[PDB]
Q: 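Today's structure: one with doxorubicin.
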Amino acid sequence: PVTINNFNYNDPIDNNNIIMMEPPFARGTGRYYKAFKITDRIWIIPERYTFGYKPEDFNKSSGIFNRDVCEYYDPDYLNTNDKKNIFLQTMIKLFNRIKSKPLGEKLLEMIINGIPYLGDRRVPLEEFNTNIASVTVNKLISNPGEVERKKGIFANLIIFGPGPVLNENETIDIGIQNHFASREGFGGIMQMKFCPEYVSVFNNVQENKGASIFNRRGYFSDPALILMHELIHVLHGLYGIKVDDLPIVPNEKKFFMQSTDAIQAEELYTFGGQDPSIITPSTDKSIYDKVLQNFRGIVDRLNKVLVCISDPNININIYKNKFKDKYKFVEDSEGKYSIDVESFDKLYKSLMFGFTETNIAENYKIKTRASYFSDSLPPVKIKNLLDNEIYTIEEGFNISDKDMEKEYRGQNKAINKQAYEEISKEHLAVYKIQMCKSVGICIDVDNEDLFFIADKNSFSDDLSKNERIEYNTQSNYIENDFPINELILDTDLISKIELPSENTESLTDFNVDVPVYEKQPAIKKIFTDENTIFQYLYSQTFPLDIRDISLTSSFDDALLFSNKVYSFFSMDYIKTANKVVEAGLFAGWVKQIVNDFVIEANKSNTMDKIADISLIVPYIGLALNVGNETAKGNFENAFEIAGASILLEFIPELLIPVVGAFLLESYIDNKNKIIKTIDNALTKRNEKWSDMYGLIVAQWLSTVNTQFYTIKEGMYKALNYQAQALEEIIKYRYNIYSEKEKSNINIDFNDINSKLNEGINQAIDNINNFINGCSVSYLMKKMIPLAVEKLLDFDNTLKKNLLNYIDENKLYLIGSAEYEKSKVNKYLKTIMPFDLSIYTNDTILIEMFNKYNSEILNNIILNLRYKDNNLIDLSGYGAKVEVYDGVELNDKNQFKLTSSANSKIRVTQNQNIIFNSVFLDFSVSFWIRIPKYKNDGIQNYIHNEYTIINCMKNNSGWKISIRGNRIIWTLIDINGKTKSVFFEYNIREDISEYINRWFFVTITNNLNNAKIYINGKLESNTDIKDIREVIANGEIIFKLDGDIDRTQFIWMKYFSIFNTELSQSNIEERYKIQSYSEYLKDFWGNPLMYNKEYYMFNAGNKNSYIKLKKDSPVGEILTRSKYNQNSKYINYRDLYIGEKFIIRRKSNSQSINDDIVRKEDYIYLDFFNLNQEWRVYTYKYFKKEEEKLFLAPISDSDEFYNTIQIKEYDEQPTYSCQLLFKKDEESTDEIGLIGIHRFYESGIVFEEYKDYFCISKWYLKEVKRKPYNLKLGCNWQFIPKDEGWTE
Ligand SMILES: COc1cccc2c1C(=O)c1c(O)c3c(c(O)c1C2=O)C[C@@](O)(C(=O)CO)C[C@@H]3O[C@H]1C[C@H](N)[C@H](O)[C@H](C)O1
Ligand SMILES: [Zn+2]
């Protein structure tokens, strides 16, 4: 077990556990430091770390040491014995807390036992040299006032107090002659600068910190975790694996890019969590190999070490046994040490992926920042770590007795204020970028708030190198994971070999490199007239010396005037917010504007389903003007067009290497070796794909996802400024009143704040979901495809390479050069589907990915929509769309294909989309309007089949075609095998619901079936089991092709494709979504229009029509005439019959030209009687429950109702609509609905029943029933003349 020692600063020096040490960087000169051995090989020096610093640097200046830390200064820390002792007692408490759990004890045990090798690169393989500054440190044995006598000792860790910046903890290693033993397998004395009172503060993004912007927000760190984070560095340094490699460097070419030090993989491994995924698998292996090579040199030394000149006392055997166990080397019967691959593997992973800040936090139930790449807030001072009421060895701050265990309450700044103090800002220093405009006017932005964008150079191009494939060659994958459970239960990790005595010969060679630090400007001034995220966020603030402000939608006035603040909320919200009222109305106004704030913020949940976008936060553009000037125009629209890319401040230049060639080595006459090779080249091929994916993930995380992070924070800040501004205004208006009035004003400022804060949290959640959605979108559509492209090119190049190989050895393969010839094709046929979870196990990142893949709309690989008189693909995959001259396009997304050759659309699909799922799994949806057959051309109509959409590549693919009243879907696999499914509508109906009328089509394909849906309902099915591979990513041609009549045309709308089979539910939903409109429709399915002649149709009496009765002002109902010719294939009822009606608008006299009819509009229903325009009327005073409508010339009579409100009571899609007569617009008094009534007529001559055009109250209740009665006599449809229908 581990034993923590105990002592007080004032305890006497005994030259054993309390000594006068001579620190490595002292170079054998200068005074000594009283040091205490807290545990074996570990020392604590309770004093400021001054090595490499200037005495003045300890004071706060206009400089800074690190560009990414809100630095705290206080040169008095540790300036008295009592302060030192407190430092000591605190370190002791922390070490005890660390060992309070297995995982911590083991980390400590590994460190104590991980003694530095005796020597470094300069030392001969046969020697042990303790006389170097990385192995031995001295202690002054003689009395005070003279360095006369000194003894050398071995040591693993020396922990000092903090350097200039107290909250800037760092673990330091020893360099000698430009080299580091702690980076080359040896390990070396580690040093640390640590401060336990002043800890970091972090605030979880997707999470709330007490859920309230008005209270302190965030969480403070458990110093024990901060210490264990440093200890992990020590561990790495002690085992000599703290190696360097290709780092993550930030791009600093643009002014909005965050500037900072290069981040080594060793750092990200130490943090754990998602950070390791920012290190490409390529670089993971580079490091792996470097460490393994270091261990080989050390293991070779153990087989050659013979003596130790520096210290005649060193027992050669004892150390050989210690290092053998330290490095987990395998000995052998003779004493020959060698490396065991399994054991090495386990040790390496334990050190780089087991002991991580992330794993230790989860284990000690301590909260920490979600990622290394997270904004850094101001640090706080812990009041008293030595007070068990605030901090305990067992639980830290999260004490269950104080009910501070759940949700890390003890670390919550808004909840555990009795545990910490805020810091005096006048002691903090941060690196800022002073953004100035060319005039002058400047805004300060903390470097921390900028976008961190990894530069291209941060990534390895090892994928572009060639590789030799031999019967040997095997695949190599490094797991950035490690089961902490086995690590904690591991029985051999922790050594049980004697720890050598720490006493040895004094160090005489003080040669060592000592770092030199120095501050740099805390402010860097740049020039830019750009008004991006920083300026926009600024426009939303106001000086502390101003209390009277007014909101404005004008960004420019907001910057110009200090009393004007910018707001991205609605114009109505801004006017109300600036409204000044009487004290007697203040309360009302407060509730009103606060309620508005919530509604405005709540718009973050806006849907845009018609555009195949479930979530959109319309105001993000106005809020930050981030990326491609998203503050101009309509964001939603600009988003539907370019998508997530428009939100990025910068489009990274990705590194996507041309995968190196495979040099295959052949073995003549060997049936086994030659084969083994091929198989290995196959598996190695997979390592290439995976490695390419990891390369992408790493770039996505450090160049893209970081930008979206900055945007999420930007919105949290923007929404916050808005709440505070409203807070300011309210405070100001209230305080204008007298105390007498305030007493009678009913306001609860805590309720106002509670509601404002709630609306914000609700918005933050939407924004987070939205933004994470975008980020994953960019990964899958803008990054994965560019990689798939290369990998596919590599495959082909490898395909021939392998065949040509199975070719040259066709001899030494005899009757098998074939069995594998295919093996190569069938293998390079199936590709590896991307899976983010393979490159990371971070829960948040996985949920983002799964959430994305569960949204059916992300399966759209083509979506042709209209934009600026043209069709473009808005799927996000960038298909090229060529629309030729013979195609007609309207802004209602309708496109017409005619008989002319130039009436076609060429679509070149994206070749890099995993479409070939290996069984055929995709859907196609679209609306179509197919004209009626010409009566004089029925024969050709039912006989000639013609293609309309063709997608073929290598005589394989799919096709949509038409033959008369039948639409057909056809599949053709690579073998030329064909399967079809079709939907044919009847052409002998009095009234067809399809002929020349818009309707929704949906075709789905899965391994077994090809199904066709019409208007959401399944119509046909075809077993497609035999069909083999079908190539569907070929070019798509929209064009009427076949033996068609010159007049033959076709209308289509919303053509889209999904790389998956849609369910009956997804389809029914798409039908409803695409059917929706504010306006009503006409019989054909087009928008109902004002001032357009229409014949009237009645869904409750199909074959009936209205006619003005000869002798009376009523409309009789006659039977529609039918198809007179003699064909046996056709039958219908005339539609161009009866009166010709025309809908007139009731309000705003903007003339009588045209316009769309919208639900609930008030109209006049007129019609033409010869050369005059008449109107439909209702006698106001009828007592019966229905009467004949009154048709007569246009006139104003107080005895007749002439105003109609066009309605839509059906909740499901329909082209029918209803006509309601109301007393007047305002009145809720309903007269009745227009329909048809049968009356009995008995005259001196004729006795019969006759139907008339009527109004009736009966329908009022009928239209409320569910499901909606489509047969009701009050359901009408308007039919206008249409080239698609001739009778
Ligand atoms: C126990 O039934 C009733 C009791 C009291 C009042 C009522 C009714 C009633 O059944 C009823 C109706 O069925 C209808 C109407 C109605 O007003 C009432 C009552 O007031 C109105 C209607 O005739 C229209 O002209 C619509 O524009 C439609 C409908 O008539 C049906 C039957 C008619 N004879 C005719 O066949 C018509 C075409 O359909
Ligand atoms: Zn670190």
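For chain A, we keep the numbers from the PDB entry: what you see runs 1-439, 443-1290, in order. One-based numbering, in listed order, for ligands and for the atoms of each. The analysis underlying the following values was restricted to heavy atoms, covering all of them including side chains, and did not include hydrogens, waters or symmetry mates.
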Q: Indicate which ligands or chains correspond to doxorubicin.
A: ligand 1
Q: Any idea which macromolecule doxorubicin contacts most in this entry, and what UniProt calls it?
A: Botulinum neurotoxin type B
Q: Show the binding site of doxorubicin at 4.0 Å, heavy-atom contacts only.
A: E1188, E1189, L1236, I1237, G1238, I1239, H1240, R1241, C1257, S1259, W1261, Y1262
Q: Of the residues in chain A that UniProt says bind Zn(2+), which ones have a non-hydrogen atom under 4.0 Å from doxorubicin?
A: none
Q: Show me which atoms of doxorubicin lie under 4.0 Å from any heavy atom of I1237.
A: 27 (O)
Q: Hey, does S1259 come in under 3.5 Å of doxorubicin, counting only N/O atoms on both sides?
A: yes
Q: What is the nearest protein non-hydrogen atom to atom 6 (C) of doxorubicin, stated with its residue, atom name and distance?
A: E1188 CB, 4.0 Å
Q: Within the structure, does at least one protein heavy atom fall under 4.0 Å of atom 31 (C) of doxorubicin?
A: no
Q: Identify the protein heavy atom lying closest to atom 39 (O) of doxorubicin, giving its residue, its atom name and the separation to 0.1 Å.
A: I1239 O, 3.9 Å
Q: Which active-site residue (UniProt) of chain A lies closest to doxorubicin, and what is the heavy-atom gap in whole Å?
A: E230, 83 Å
Q: Considering only non-hydrogen protein atoms, determine which one is nearest to atom 16 (C) of doxorubicin and report residue, atom name and distance to 0.1 Å.
A: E1189 OE2, 2.9 Å
Q: Check whether any N or O atom of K1260, backbone or side chain, sits under 3.5 Å from an N or O atom of doxorubicin, and answer yes or no.
A: no
Q: Enumerate the atoms of doxorubicin whose separation from the nearest heavy atom of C1257 is less than 4.0 angstrom.
A: 25 (O), 27 (O)
Q: Which residues of chain A does UniProt mark as D-galactose-binding that also come under 4.0 Å from doxorubicin by heavy-atom distance?
A: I1239, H1240
Q: Nearest protein heavy-atom contact for atom 29 (C) of doxorubicin: which residue, which atom, what distance?
A: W1261 CE3, 4.1 Å
Q: Looking at this entry, which organism is chain A from?
A: Clostridium botulinum
Q: Which residue holds the protein heavy atom closest to atom 36 (O) of doxorubicin, what is that atom called, and what is the gap in Å?
A: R1241 CB, 2.9 Å
